[PDB]
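Complex: efavirenz / reverse transcriptase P66 subunit.
In what follows, chains are A, B, ... by sequence order, proteins preceding strands, each numbered from 1. These numbers come from the heavy atoms of this one structure, side chains and all, not from hydrogens, waters or symmetry mates. Indexing begins at 1, ligand by ligand and atom by atom, following the structure's order.
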Amino acid sequence: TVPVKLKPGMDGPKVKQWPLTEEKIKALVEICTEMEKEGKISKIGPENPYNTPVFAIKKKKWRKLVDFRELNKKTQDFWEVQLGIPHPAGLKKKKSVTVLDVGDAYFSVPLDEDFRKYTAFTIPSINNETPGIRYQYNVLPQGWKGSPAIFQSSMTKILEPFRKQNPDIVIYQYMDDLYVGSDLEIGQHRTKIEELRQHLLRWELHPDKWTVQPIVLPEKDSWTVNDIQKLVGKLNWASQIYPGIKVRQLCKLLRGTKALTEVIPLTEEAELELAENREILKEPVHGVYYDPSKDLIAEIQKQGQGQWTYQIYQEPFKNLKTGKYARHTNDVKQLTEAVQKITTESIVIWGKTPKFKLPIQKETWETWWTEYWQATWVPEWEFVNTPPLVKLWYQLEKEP
Amino acid sequence: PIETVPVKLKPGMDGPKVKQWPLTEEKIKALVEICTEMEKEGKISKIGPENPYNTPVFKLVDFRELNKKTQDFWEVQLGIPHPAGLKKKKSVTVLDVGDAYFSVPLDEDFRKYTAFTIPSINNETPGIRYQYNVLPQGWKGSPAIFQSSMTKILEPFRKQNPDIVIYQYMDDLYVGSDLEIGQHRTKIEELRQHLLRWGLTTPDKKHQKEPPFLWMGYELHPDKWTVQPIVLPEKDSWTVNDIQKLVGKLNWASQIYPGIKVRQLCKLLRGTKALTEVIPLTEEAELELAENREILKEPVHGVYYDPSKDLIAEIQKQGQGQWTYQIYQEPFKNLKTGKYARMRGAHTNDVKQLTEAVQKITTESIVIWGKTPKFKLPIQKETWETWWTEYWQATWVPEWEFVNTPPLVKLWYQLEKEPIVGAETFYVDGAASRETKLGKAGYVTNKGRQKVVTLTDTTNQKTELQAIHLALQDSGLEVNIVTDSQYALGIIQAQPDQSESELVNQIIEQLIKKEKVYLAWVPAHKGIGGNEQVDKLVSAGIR
RNA sequence: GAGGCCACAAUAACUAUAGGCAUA
DNA sequence: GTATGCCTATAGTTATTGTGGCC
Ligand SMILES: O=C1Nc2ccc(Cl)cc2[C@@](C#CC2CC2)(C(F)(F)F)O1
Ligand SMILES: [Ca+2]
């Protein structure tokens, strides 16, 4: 086995377990029993003081998720600087990419003995009527970032035969997932995937349809005092993202204490300012470029009526990417879907996961995010109050 | 034979080397007498100069330094069960192991750290040195290691006896069954004989306690649970320490006694105060303290959990950001009760705090019963869909239904979405100085009217609300207001029914009386008409 | 050798992120 | 121009007091 360590000053994960419903506790005892028979995990004593949360997911029966967000952090030099998997820039340019689970490809590989204690997790019991069942991994765990890093070697050697017979196709691996980059058509794509599923059994997204979209301002016959006041507040705010935006000639029109309903004729100087503000928005933004050394950030706003706006950026107001998502459904189900859609988008494009700013209370999210989660990764997230001008501004994007 | 759990000190640390102070002669005779017994039974061993370590005698000996040097463990009392969670049983007994630690061996390599000395009377002469062979009292690792031993000692018995429920809790076993008492008593004795194979003693039938069992401050019957009776003293002078323990007893009551409120007494404890400061009760505390004192005359009890039925949670508003709930399965037979009080003071409207209360109860239901309840809330299903579709944050509740028990939960006013044709347009502003804490509020109207008052001892935030207070006060039933204060505009869209500031629910009364109000925001300092004029008036003497 | 340990609550104090206002 | 100064959020954290316990 490959020796793994931590940073020399780091301690092991000591994360508390969020409480679980009885339906999921029963499902987890089943799953971990069979994993104990098959040698994959082992019960441990109380002399092991580390813990890592464990959850249950449906993902198209049940499934065990281990939230290793804290352990990955404490081994990040190991799986990033040392054995890291480099990113294919050509992946996002494929006309179509589909996603493959290769989770079961880790269970064969043994795990370094001195490192298994850091991987401890605790099935809890209802009402604390029972001590809590404590396993630890004996093999490479699904969801630890060291796992594909270590399986890296044996993954090149298991695909070179396919990749030699298709050196056009690009395929990239983040965690327990494979990404198949192709330009072939829908028929000659799905045939290729079910071939590769048989090449591996031996041992539905299109990034081009994603497009940053332009802001569109109202188009009005009769502008009113109120209409303009609303519009300069929005434009004044968006001059932080488009600095070539001005409101000088629109405020000249609001001279003296006018009633809110009064109609204002657009002077030619105003009508010009407006017409180029429009042109600055209908074209891209500039000076914004991806930085490999900084964290991606993703912020979602609730728009109402089952639709949502997001932005991926690295410094305030410099959005690498923005978009919209819309809908027997509730906010949490929708929010959970956006977070997964935004993440896989962010995965193919940059090979990284964004840290989310979520417009929900932490307690509520901790309760229900597990209901509709289907991914093997879980991203970093935090809980924010969306300011009103941010909601108002990104409403005005256009729809595909 | 119970195998030892391997234990290590924390990386870099060495074992304790604390000095033994000399002790009274009457103290020494008592130590040598019980130390020679523990030696006779193999619990401790005499040692010699080969051992560099030592801990001082006290719980026989005090292991402060050693516990600081011992590795961490995954601690076993993560949380206490709650009585509501337990299922009704027919026959329950409690066994207490009495040679608990004495019967678990200590990892061989760790024993050298437990060394301790009985000093000599003359003290010129050296003393007797000993070390532990079994889990010592007061050692950080004893509880978790004992619990791990007990858990595997009971696993054969548990598999052989599926219907019996053994709950381990420190040195105690709590055993329940639906067997009838005779056949219960037979199983209890097989369990005693099992524990006895590994040398664990337990009270025989003649010595076992009868229901009810006192546990963790609860009184546990086989069919119901209660708390031990709650005394709160009657004084005329009240020190801050006294109000601390008042709030403590009430908070402990609120799990079974419904409708307890403490937020009035907690408000007395805000800010620093030496514990003997004789604080006089605000009188609306005595109101709440009266209501609470009589609620505790009532008899109460909780029932146990029937898994085959649904859980129901019903919430009532007690007012002033105070709420109370009950959980039951069959009507008027409560499992437990609780309270929820926002006390951030943050401006939050009742619809939101309500949603917060349900989120606390959902979390607690999953801890205690492993499933979420069905809710009965004093809020209309359209009033809720009104708020939570206009609100910026997401939420989600499980099944809930309206229930009509006043006071209900309504949105006190409704601001217009578009500007009101034919309504006077007010342009408001405030301004204050930090240095002189002095400021002005005012407005300017499209119909020619204007007004400026000077306030004293304010902040910029306060003056911007005062100016809105003036426009609403000097205007008709339909107004358009424009402010430049994102603060004032925000604190009014969210509609805080309660508050600590008089000025803000003052304003909320004004908005209640009004028929149509439209509230708009423009950015400050941009030459926008109306705002410019009023900003000139308000900031004249101020900046 | 001036009790530690757990759950909950209250009070106080300080870290980050975002937002606001103000002033130089 | 670029920095500090004061408030509000969403979170995290260390300390005290208290209720109920235990050793
Ligand atoms: O599930 C049940 N039902 C129940 C009813 C009454 C009593 Cl008094 C005790 C129980 C029991 C327990 C317990 C711990 C809180 C001590 C028992 F383990 F069976 F003792 O657990
Ligand atoms: Ca102002």
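Here, the model contains efavirenz as ligand 1. At a heavy-atom cut-off of 4.0 Å, other chains contacting efavirenz: B. Taking 4.0 Å as the limit, no other ligands or ions are near efavirenz. In this PDB entry, the source organism listed for chain B is Human immunodeficiency virus 1. At a heavy-atom cut-off of 4.0 Å, the residues contacting efavirenz are B:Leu86, B:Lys87, B:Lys89, B:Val92, B:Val165, B:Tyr167, B:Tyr174, B:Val175, B:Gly176, B:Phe213, B:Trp215, B:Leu220, B:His221, B:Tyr304.
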